[PDB]
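The structure described below contains zanamivir.
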Protein chains: 4
Amino acid sequence: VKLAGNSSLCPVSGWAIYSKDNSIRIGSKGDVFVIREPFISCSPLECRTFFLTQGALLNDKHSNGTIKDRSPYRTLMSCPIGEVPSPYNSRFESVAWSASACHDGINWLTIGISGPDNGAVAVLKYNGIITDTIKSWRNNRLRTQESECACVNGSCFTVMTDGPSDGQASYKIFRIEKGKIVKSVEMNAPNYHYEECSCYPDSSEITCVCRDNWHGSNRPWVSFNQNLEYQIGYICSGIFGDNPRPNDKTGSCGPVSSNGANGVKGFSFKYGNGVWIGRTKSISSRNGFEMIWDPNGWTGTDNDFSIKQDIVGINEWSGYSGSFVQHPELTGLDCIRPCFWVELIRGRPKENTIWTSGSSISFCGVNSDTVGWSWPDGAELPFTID
Amino acid sequence: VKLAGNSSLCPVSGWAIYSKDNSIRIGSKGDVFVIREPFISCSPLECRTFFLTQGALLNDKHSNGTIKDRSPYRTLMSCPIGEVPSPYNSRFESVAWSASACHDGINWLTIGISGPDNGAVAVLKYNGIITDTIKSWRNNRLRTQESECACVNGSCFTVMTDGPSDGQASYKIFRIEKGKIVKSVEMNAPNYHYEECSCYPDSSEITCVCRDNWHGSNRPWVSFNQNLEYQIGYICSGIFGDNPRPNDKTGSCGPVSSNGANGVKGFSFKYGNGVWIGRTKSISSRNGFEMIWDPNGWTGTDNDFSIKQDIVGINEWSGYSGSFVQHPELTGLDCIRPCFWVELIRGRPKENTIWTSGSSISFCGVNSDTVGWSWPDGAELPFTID
Amino acid sequence: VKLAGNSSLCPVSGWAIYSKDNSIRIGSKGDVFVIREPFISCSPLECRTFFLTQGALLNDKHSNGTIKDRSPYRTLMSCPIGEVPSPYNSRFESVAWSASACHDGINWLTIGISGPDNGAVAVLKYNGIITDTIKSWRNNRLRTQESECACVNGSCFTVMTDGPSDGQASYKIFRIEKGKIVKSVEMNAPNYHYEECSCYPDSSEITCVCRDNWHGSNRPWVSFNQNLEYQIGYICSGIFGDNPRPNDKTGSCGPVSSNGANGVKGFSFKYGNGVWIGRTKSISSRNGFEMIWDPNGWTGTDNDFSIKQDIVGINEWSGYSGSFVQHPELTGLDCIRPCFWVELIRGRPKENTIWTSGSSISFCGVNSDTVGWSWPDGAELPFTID
Amino acid sequence: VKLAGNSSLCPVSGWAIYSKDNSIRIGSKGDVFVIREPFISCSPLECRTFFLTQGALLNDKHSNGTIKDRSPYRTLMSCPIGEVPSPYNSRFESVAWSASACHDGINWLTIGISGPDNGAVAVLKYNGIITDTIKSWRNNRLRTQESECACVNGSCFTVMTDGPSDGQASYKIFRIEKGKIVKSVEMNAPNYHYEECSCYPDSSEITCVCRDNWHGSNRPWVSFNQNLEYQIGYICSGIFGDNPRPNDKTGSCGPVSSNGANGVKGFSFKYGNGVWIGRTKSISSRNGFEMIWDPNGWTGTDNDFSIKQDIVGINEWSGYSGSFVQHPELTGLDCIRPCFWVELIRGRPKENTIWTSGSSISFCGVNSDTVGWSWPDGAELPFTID
Ligand SMILES: CC(=O)N[C@H]1[C@H]([C@H](O)[C@H](O)CO)OC(C(=O)O)=C[C@@H]1NC(=N)N
Ligand SMILES: CC(=O)N[C@H]1[C@H]([C@H](O)[C@H](O)CO)OC(C(=O)O)=C[C@@H]1NC(=N)N
Ligand SMILES: CC(=O)N[C@H]1[C@H]([C@H](O)[C@H](O)CO)OC(C(=O)O)=C[C@@H]1NC(=N)N
Ligand SMILES: CC(=O)N[C@H]1[C@H]([C@H](O)[C@H](O)CO)OC(C(=O)O)=C[C@@H]1NC(=N)N
Ligand SMILES: *[C@@H]1O[C@H](CO)[C@@H](O)[C@H](O)[C@H]1NC(C)=O
Ligand SMILES: *[C@@H]1O[C@H](CO)[C@@H](O)[C@H](O)[C@H]1NC(C)=O
Ligand SMILES: *[C@@H]1O[C@H](CO)[C@@H](O)[C@H](O)[C@H]1NC(C)=O
Ligand SMILES: *[C@@H]1O[C@H](CO)[C@@H](O)[C@H](O)[C@H]1NC(C)=O
Ligand SMILES: *[C@@H]1O[C@H](CO)[C@@H](O)[C@H](O)[C@H]1NC(C)=O
Ligand SMILES: *[C@@H]1O[C@H](CO)[C@@H](O)[C@H](O)[C@H]1NC(C)=O
Ligand SMILES: *[C@@H]1O[C@H](CO)[C@@H](O)[C@H](O)[C@H]1NC(C)=O
Ligand SMILES: *[C@@H]1O[C@H](CO)[C@@H](O)[C@H](O)[C@H]1NC(C)=O
Ligand SMILES: *[C@H]1O[C@H](CO)[C@@H](O)[C@H](O)[C@H]1NC(C)=O
Ligand SMILES: *[C@H]1O[C@H](CO)[C@@H](O)[C@H](O)[C@H]1NC(C)=O
Ligand SMILES: *[C@H]1O[C@H](CO)[C@@H](O)[C@H](O)[C@H]1NC(C)=O
Ligand SMILES: *[C@H]1O[C@H](CO)[C@@H](O)[C@H](O)[C@H]1NC(C)=O
Ligand SMILES: [Ca+2]
Ligand SMILES: [Ca+2]
Ligand SMILES: [Ca+2]
Ligand SMILES: [Ca+2]
């Protein structure tokens, strides 16, 4: 049966640890894929870990130069949550160097972008069967969420970006039914920059928190209903969400130009005028991670918060993060549960190796007692292959 | 429920990438079978990758001399599409150095040919249970499709060849029900040569595009109905389909003797008087791959085409190719979807190794935007074992 | 359907061997997790082996320093009984350095304790979904059974400990329904010490046999009904159950202070005034294992027994042991079958390696002919990595 | 539904190849169990390969001294037919150095014998749950079929042996229902020797062809009905079935004392007064294998045959062989199909290695065209570990 998506988000006071795979530690001897850009998505029965492979195993010579973002060898694959991405336990999804996946209640939807940087094609699959296609319309690295898409009342929604990563680009919202695109709208967003959106369903509508790689150290957001009537803006909080970023001063409801160039994929959960910000602890590199509750952060511009929860220590490597949700028809709850994952990147450019990969931790939002701690990657680099 | 097979082929303007396994790259460290002659076939539930193993793993000493075509150690096995052929994730099918497989809607049919070159026996299995047998009738390397068989209204059809590979041989069409041969007809084809046919269902009838190893650089074809009433001929197009071949001149509706000796397994889709030819880019070796749409290529002899789509680059290794189809009762579409796979051969005779193996890419025919690119094997030879 | 848990324990005269995984022997070359604290639990369909990983494989550098009890890399995972804990065949359960699991008849309940030693959090999952949480209330290493919990008429029960391991601590019994804590009671037990309880259902009530790490070489027990009305005491037998321990003299119904400090996790089955004691053969280290039937051992203090069955030889390594049960709705029997497992620890501190791990054997209680023997670990240390 | 077992054996003129695993060749690099005594058994859904592990992998140090027959580390495990016995794809069955397994139509029955040579215990499991037990009654290596048991109308039947292997021993037939022994009869067989019986169902009755290790180069047989009313005798054929054996002279209906000491496990199918003998090609060692049809071999004593089919070449290693059957409710046929497997032993005592193991081939009896050939093991010894 289709996921309704009409209920609100569950009240959350803390984040309980859900999964840890230990990919790089196990990959030291085991047959584990060299991956990056992992994300979690749930069906009514199970939650799966999606990831973009480099078509190579850890501690093997083919992992050479895997800092490279896009190649013909990259494939989207999935394994059960908390397990290592192995050739022996992973399910093939698509050929992709950029990806998105979600379950509507009946079947899996996957989106796999492959091809040249000037003509990339998104291949849409519903239950493993190709159902539609989208070509790059700006001929400049067609790219998508790198996290799960959002589904409401039988439709699934995604955001795609085409154009430069250091200037004004083109941003489109898609409405997809049974793997077929039924509607799409280009966003009227001058001076905005949307990339790698973390989108979640809330009260029959979708909220995406994205990455401004152009000139924003705070995060851009986009909200829309099923007809794709959207709103745009930035998170106003003085507690900035991207990386790199400045120190916490007064925030802006437009793009914070200071330390605005570059970025990292992230997420945030809106609760009225308040926001749950997940961010790196460091302001200059991808190190550490923390959940922060700013009761006025979504619309207000000050740098105040009432809750901080440690996830990864200041001196430990982190990386990508993203939102996922668990629906009522999975949990039995009457609200939509917010969860998140964190990618822990190891290797290049920061470490003296020939390779780049990442493992994953995940947390779910509860309304009971929790604790801050550091759950780092734990691998001892360099490897035999280095 | 049985596959009907009464509908036409879906209109196709381009080919979207469906799967890539990265077998040789992963096999560098992982436990991956040394294979050749892979093919894809689909049930109403899933698509599987079939392959002929050499009974040995990559980067192991037992892969020595695996350029050899036929041995007692070769077995037909299958794994899910896009996954690596591993001993830990593959299903055993038959003991075979030549194979064919297809799903009638209810159960899998596999055909496995093993035995001596002068008395080979095809073992037919329906749902894993031996249901029939065929002995070599010319005592000269009984061989079959190396791709999937075609099924229409509860029957499945195959083509087998017995005799020389550089002269006139014997060619038989088989009709199989629930694993048992109910009818067979020898083809009256003097001056023709049929080997390794790629067969597909279309409007309650079967079209096979095969390999003329004798004296044909263009491809032979055979069409038949359920009663095995057949027609024979060659693809008339001036864009020649086999490898090795000449340059593109005026074609013939008989065998093109020029560069006619030897060959490679291939496929083609008939659309009225038009043909979708898949072929190597090189004319002298198994390198590159491209899809070409000749609107008049099936019956006309000129060398004109209106669409060319790149699949594998001119300098990159390719190999075998074959057709597969997805039926309406799998896709939900009202037509039969044409797809294809490409084997990418690495090692002997062209490379300085002790072994020979191949990985696989696959594409499905869509009527929306697509792109040409190169999706090569990607392995760095020689291996530690060499 | 829910497990009733109203029937008695089956009469047992001997213990038949149920499973042996050979983890360390296979882990010498294979990809097997470095584990400790394994336990078995059964659903109405299957029995599974639960275990706490160190997030590393055997014979790999990441197994360095795995004598360490608690880390952020430890995860609770399960595989089918008798199989090796491998990344390729194991199911992820929780992030935990202390664990408990049980099936109520409908779904799995897992309890995973992770976090700092002064703020640890137990994460409760029902069918893989977080359903509740418990924080450390003494801020001193919140710890649980390391064996399966007990379930009766739709509820599941566990025991947790918080405080010192060489003095008076705090002990709580929990009643859990569908993953949610519905009732909890702190035990009024001055001069008692409860740790790592082996709990089993018997006649709609629960009996736990635990570990007194403080000052007891005999084992403490706690019995309770569904409303958590409990009784406390020690096993009176002169045949002492813990390790280290003294020689067999007259026992006490209170804690036997002699050789009382430290300990090991164990189990015992009450049959009226009689007890089935499972214990190490050695009195100073974790070596050997034996089942002993003392017809008066539960309430009487003498050192007499009528049955002794050998399990592991005196010179062979053992370790943890625990109870598990098989219910009527699994076996078809009209009573609850008692079974047990034994962890066989190899490596540090007793062996010259960089690592510590354990394999597992298991036995079930039958009322027919059996035999004593030694089923040791069988691995030849040190390993290549040492 | 229960297997009826009332129908006759299918008429067989030849043997088509069913499976080949290539265990030792793949085990050279892959993680494959060191095994011996493999056998095949089928349920109404699938056929499985059962095998006795040594609790160690090939090309690992723990495979040292695996020529040893009985240890505490040996376990009975099963994997799907034609697949390699791997820790990642195998199901655990029992702890055993002697085994038997069969499916009654509803659930699997396994028999696992472990323990000391003077007190061994057979542990009976039905659907993975211990249901009964048998102790050694002669205190001299209690041993069983090493092949599948036979099932008729809801009961399953086995043969066990206790006593010396070079003199008169004790032989018992068991009738088992739902894992419980309901009847057993000791065979009145003075001057006979029964070991490692291959038993099959035929017309509501069971025929076992066994091994005379004492003084018989021809094979002993035992037939019985469901009430265990038995007949005993030897295969009269002048074509002797065991190994070692003499040359083919006139046979005896009693034990052929000439070259009678020692032996190997085998099988034979009775068809009236005729017999399908499977045997090694060599008369002094375990080399080669062949199927021979003697139309008068069961009751007549001459050395004539009308069909010989090659299976393994004279210079290639063989080993154990055994019968298996496929029932009507699996095949859809109205008769019981006879099949067989062959173990191909490699290593000690005949080869310069530290280990001993075996791979497996299997054939099923068809009434259509077949071929003789050699399907050897194919591994190149010694291994890196030697
Ligand atoms: C499609 C693509 O190449 N996306 C890039 C991403 C991107 O370049 C930035 O957002 C700027 O546009 O950068 C990063 C990154 O780690 O910052 C990795 C992503 N790699 C992959 N998704 N494979
Ligand atoms: C049955 C058999 O040996 N088929 C051969 C095939 C064949 O020799 C040619 O078509 C000429 O007859 O050649 C090739 C080839 O790569 O050209 C591989 C096939 N190998 C395997 N299918 N194993
Ligand atoms: C939670 C925790 O650290 N438990 C410890 C346990 C414990 O220290 C003693 O019972 C004393 O309190 O000791 C041992 C032990 O081998 O004795 C291992 C356990 N390790 C793990 N369960 N990981
Ligand atoms: C139970 C047992 O040890 N059975 C032995 C078997 C036996 O010794 C002979 O039949 C003589 O009694 O010999 C052989 C053999 O290869 O000849 C292997 C078997 N090994 C195993 N089944 N593990
Ligand atoms: C969710 O959908 C159901 C079924 O349509 C309906 O009962 C309910 O109103 C929706 N939830 C909310 C919170 O409106
Ligand atoms: C990686 O690639 C670089 C250059 O492409 C080369 O110099 C180096 O040797 C490679 N390293 C390995 C381990 O293959
Ligand atoms: C396919 O078979 C169905 C059922 O027999 C029938 O409705 C239809 O006519 C067939 N399709 C075509 C295109 O004729
Ligand atoms: C492969 O075989 C050839 C001859 O058969 C031999 O000379 C060579 O050493 C072998 N190579 C390996 C790696 O086993
Ligand atoms: C077990 O529960 C069933 C169903 O409620 C009941 O028949 C029975 O009384 C209980 N068993 C015992 C031993 O009381
Ligand atoms: C283990 O760690 C110690 C110190 O932490 C170090 O000296 C040693 O080299 C390590 N051993 C291995 C095999 O990594
Ligand atoms: C097999 O059993 C069925 C059902 O009892 C019966 O029809 C038949 O007589 C039996 N088969 C034979 C060959 O007697
Ligand atoms: C095997 O064992 C023997 C003696 O038990 C020993 O001499 C030899 O070194 C061992 N070999 C290996 C490879 O472990
Ligand atoms: C979509 O589903 C049903 C039927 O189309 C409709 O009643 C429901 O309100 C719609 N979902 C929404 C509005 O989210
Ligand atoms: C075969 O199936 C049915 C019943 O035999 C028949 O009606 C149908 O037309 C046949 N299939 C064809 C002609 O493709
Ligand atoms: C709990 O289950 C049912 C319904 O609540 C009740 O009848 C039964 O007696 C209770 N279980 C017990 C007392 O163990
Ligand atoms: C056993 O099964 C049924 C019911 O007990 C009986 O009718 C049948 O004849 C028996 N099976 C035999 C005789 O093989
Ligand atoms: Ca930015
Ligand atoms: Ca040719
Ligand atoms: Ca103690
Ligand atoms: Ca003999």
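Naming convention: chains lettered A, B, ... in sequence-line order (proteins, then strands); numbering from 1 in each chain. When a ligand or atom number is given, it counts from 1 through the structure's own listing order. Side-chain atoms are counted along with the backbone in the values below, which use heavy atoms only and exclude waters and symmetry mates.
- In this structure, the ligands or chains belonging to zanamivir are ligands 1, 2, 3 and 4.
- The chain that zanamivir (ligand 2) touches most here appears in the PDB entry under the name neuraminidase.
- At a heavy-atom cut-off of 4.0 Å, the other chains in contact with zanamivir (ligand 2) are listed as B.
- At 4.0 Å, heavy atom to atom, the residues around zanamivir (ligand 2) are B/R36, B/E37, B/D69, B/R70, B/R74, B/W97, B/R143, B/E146, B/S165, B/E195, B/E196, B/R211, B/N213, B/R286, B/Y320.
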